[PDB]
Amino acid sequence: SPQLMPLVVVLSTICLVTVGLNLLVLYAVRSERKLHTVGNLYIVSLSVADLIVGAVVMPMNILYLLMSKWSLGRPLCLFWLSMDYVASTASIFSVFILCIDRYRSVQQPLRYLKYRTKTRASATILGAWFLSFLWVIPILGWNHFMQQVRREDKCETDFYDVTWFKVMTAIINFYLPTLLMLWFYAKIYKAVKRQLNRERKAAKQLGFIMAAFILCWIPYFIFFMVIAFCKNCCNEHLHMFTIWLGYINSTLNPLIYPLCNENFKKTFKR
Ligand SMILES: COc1ccc(CN(CCN(C)C)c2ccccn2)cc1
């Protein structure tokens, strides 16, 4: 309808800045070579997840919004769902891994003075991405293992019509990472407040990532929490607004990176 165009054309700019800035960060870590550290490898994983979610989901979601009917074939809708889930889980597991390694490095090292090097970073990143693909394994094939889309148009997840699995997977994937990683961040806060500025800059960039991936995702997951128990509580506009708040998180992370530490500003200016 010729009244929703003003919102769609704005989303194109969001997509363009999302893909560009993550690619700019990957340019920074590849064309400067003064940032090949394990923590910067974790932020590279986070930026790769954000670049994937941008370059894949943003055009597909924009097309879905500007044309309220999916006729791009069933396999491609499943591919979009799988890549969206991969990117989102890879992001909130790369941030989880970064927080875990920060905590185990500021753990008053008494057991872990060993390698904090390419070995551990590679192992943990590959583990997180394999867990994301493990999530993808059942979503693509739903009827194959469990005998549970039945909709020619308006393609969505296969498990949209089941409440218990959706609630359980949302609770796990958000609450367990957010609670465990908040506990790790509070332990980091206490340990750093026991030593003590560069640590303050790192802690504040982690805190800004915290603010973005909490206050940008809470509306979406509270919408999942409320939607299952009452189908009268559904609002299409607010659902898309929450999903785009999550994508605003994904595009804010590349703005969190250079606004905190002075190393990225010089690497970006050139
Ligand atoms: C950063 O944290 C995350 C992690 C995963 C996701 C993927 N999504 C929905 C994603 N939407 C955009 C379609 C779900 C759906 C059900 C239960 C859990 N996550 C979102 C946010």
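Residue numbers run from 1 in the order of the sequence given. When reading the values below, keep in mind they use all heavy atoms of this one structure, side chains included, and skip hydrogens, waters and symmetry mates. In each ligand, atom 1 is the first atom listed, and ligand 1 is the first ligand listed.
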Notebook entry, point to check: What would the PDB label the drug at ligand 1?
Noted result: mepyramine
Item checked: Most-contacted chain for mepyramine (ligand 1), named by UniProt -> Histamine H1 receptor
Note to self: Any idea which residues from other chains are within 4.0 Å of mepyramine (ligand 1), non-hydrogen atoms only?
What the structure shows: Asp84, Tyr85, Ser88, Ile92, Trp135, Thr169, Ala170, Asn173, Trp217, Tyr220, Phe221, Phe224, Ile243, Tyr247
Item checked: Shared residues: UniProt histamine-binding in chain A, heavy atom under 4.0 Å from mepyramine (ligand 1) -> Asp84, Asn173, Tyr220
Next item on the list: Check the UniProt transmembrane segments of chain A, counted from the N terminus, and report those with a heavy atom under 4.0 Å from mepyramine (ligand 1).
Entry: 3, 4, 5, 6, 7
